[PDB]
Number of protein chains: 2
Amino acid sequence: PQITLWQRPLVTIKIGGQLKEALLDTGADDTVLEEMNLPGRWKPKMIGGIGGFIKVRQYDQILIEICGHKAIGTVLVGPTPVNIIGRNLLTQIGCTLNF
Amino acid sequence: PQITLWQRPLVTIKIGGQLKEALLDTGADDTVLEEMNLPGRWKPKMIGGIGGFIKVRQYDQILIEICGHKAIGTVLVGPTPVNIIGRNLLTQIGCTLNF
Ligand SMILES: CC(C)c1nc(CN(C)C(=O)N[C@H](C(=O)N[C@@H](Cc2ccccc2)C[C@H](O)[C@H](Cc2ccccc2)NC(=O)OCc2cncs2)C(C)C)cs1
């Protein structure tokens with residue numbers, strides 16, 4: 001699709017058989033989801049946002065369908081109030097910025 | 001131009017006669033720049049995201065040039081870790097998300 005930015009770029013994603021809304025975010029280097037139970041072992045990560053840093057748990061090789069396009073990659077889980085799809089999964093599904 | 005997201009989408013902006021580097025950010029409603037001098041009256045504002053809220057100075061009707069494209073809109077200035085061009089100016093240069 002082509003998505004204009006007059007409104008927040010919110011899309012449905014499917015992860016773990018649940019549907020969630022997520023923001024398409026070119027300003028996030030990684031993908032961050034609200035607290036959920038994901039499979040396997042995690043690794044620690046600190047990510048910084050506008051107000052400072054949060055500790056998140058890194059899971060790898062996670063499938064997530066973003067608007068019907070399957071991506072498989074690293075997903076961080078921690079105390080974000082919005083699910084953010086960042087560049088790591090946006091390149092997989094072939095997303096670009098055009099102007 | 002077409003920008004892939006293997007790397008951070010950083011572009012040069014021209015604002016208040018200085019060239020700065022800033023991130024094209026689909027996940028920021030607002031344009032938030034590092035401490036700089038801007039002419040005008042401004043208003044205090046609080047913006048938040050990951051990590052909490054920060055106080056910025058709101059300046060309205062600032063002309064920014066983003067890669068040669070002229071944009072007018074609100075610019076917030078303050079202790080942001082990175083220069084962010086948010087959706088309020090990305091729509092003005094005709095920026096879309098495509099996949
Ligand atoms: C409440 C919620 C439902 C929402 N409100 C909003 C409106 N808000 C607040 C914003 O747009 N606020 C912006 C913002 O931080 N947006 C964020 C999404 C968000 C929104 C609300 C709450 C938490 C996260 C998303 C933005 O792309 C920022 C910008 C950025 C990049 C580097 C350093 C600092 C900042 N990205 C991140 O915070 O990325 C964190 C990372 C993830 N992986 C690696 S770093 C500001 C910069 C203005 C959107 S959704």
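Within every chain, numbering begins at 1; the chains are lettered A, B, ... in the order of the sequence lines, protein sequences first and strands thereafter. In listed order, ligands and their atoms are each counted from 1. Heavy-atom basis, side chains included; hydrogens, waters and symmetry copies ignored.
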Which drug name is given for ligand 1 in the PDB records?
ritonavir
Which macromolecule in this structure makes the most heavy-atom contacts with ritonavir (ligand 1), going by the name UniProt uses?
Protease
Going by heavy atoms only, which other chains approach ritonavir (ligand 1) to less than 4.0 Å?
A, B
Candidate with minimal heavy-atom separation from atom 42 (C) of ritonavir (ligand 1), of A/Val32, A/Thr74, B/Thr80, B/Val32:
A/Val32
Relative to ritonavir (ligand 1), is A/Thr26 under 4.0 angstrom through side chain, backbone, both or neither, heavy atoms considered?
neither
Looking only at protein heavy atoms, identify the closest one to atom 32 (C) of ritonavir (ligand 1) and say how far it is in Å.
B/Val82 CG1, 3.6 Å
Looking at atom 11 (O) of ritonavir (ligand 1), what's its closest protein heavy atom, distance included?
B/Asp29 N, 3.1 Å
Strictly less than 4.0 Å: does any protein heavy-atom distance to atom 2 (C) of ritonavir (ligand 1) fall in that range?
no
Just to confirm my output: which protein heavy-atom neighbour is closest to atom 36 (N) of ritonavir (ligand 1), and how far is it?
A/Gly27 O, 3.5 Å
Nearest-contact summary for atom 7 (C) of ritonavir (ligand 1) - protein heavy atom, Å
A/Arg8 NH2, 3.5 Å
Looking at the entry, what source organism goes with chain A?
Human immunodeficiency virus 1
Counting heavy atoms only, which of B/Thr31, B/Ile50, A/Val56, A/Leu23 is nearest atom 24 (C) of ritonavir (ligand 1)?
B/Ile50
Indicate, as side chain, backbone, both or neither, the part of A/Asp25 found under 4.0 angstrom from ritonavir (ligand 1) when only non-hydrogen atoms are considered.
side chain
Numbered atoms of ritonavir (ligand 1) (with element) below 4.0 Å of A/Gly49, judged on heavy atoms:
34 (C), 38 (O)
Would you know which UniProt domain in chain A holds the bulk of residues touching ritonavir (ligand 1)?
Peptidase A2
Protein heavy atom under 4.0 Å of atom 44 (C) of ritonavir (ligand 1):
yes
Which UniProt active-site residue of chain A has the minimal heavy-atom contact distance to ritonavir (ligand 1), and what is that distance to one Å?
A/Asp25, 3 Å
So which protein heavy atom does atom 46 (C) of ritonavir (ligand 1) come closest to, and at what separation?
B/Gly48 O, 4.0 Å
Which residue and atom name correspond to the protein heavy atom nearest atom 47 (C) of ritonavir (ligand 1), and how close is it?
B/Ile84 CD1, 3.8 Å
Report all residues and nucleotides of other chains within 4.0 Å of ritonavir (ligand 1) (non-hydrogen atoms).
A/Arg8, A/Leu23, A/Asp25, A/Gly27, A/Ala28, A/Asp29, A/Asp30, A/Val32, A/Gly48, A/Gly49, A/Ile50, A/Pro81, A/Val82, B/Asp25, B/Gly27, B/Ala28, B/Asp29, B/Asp30, B/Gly48, B/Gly49, B/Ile50, B/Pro81, B/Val82, B/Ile84
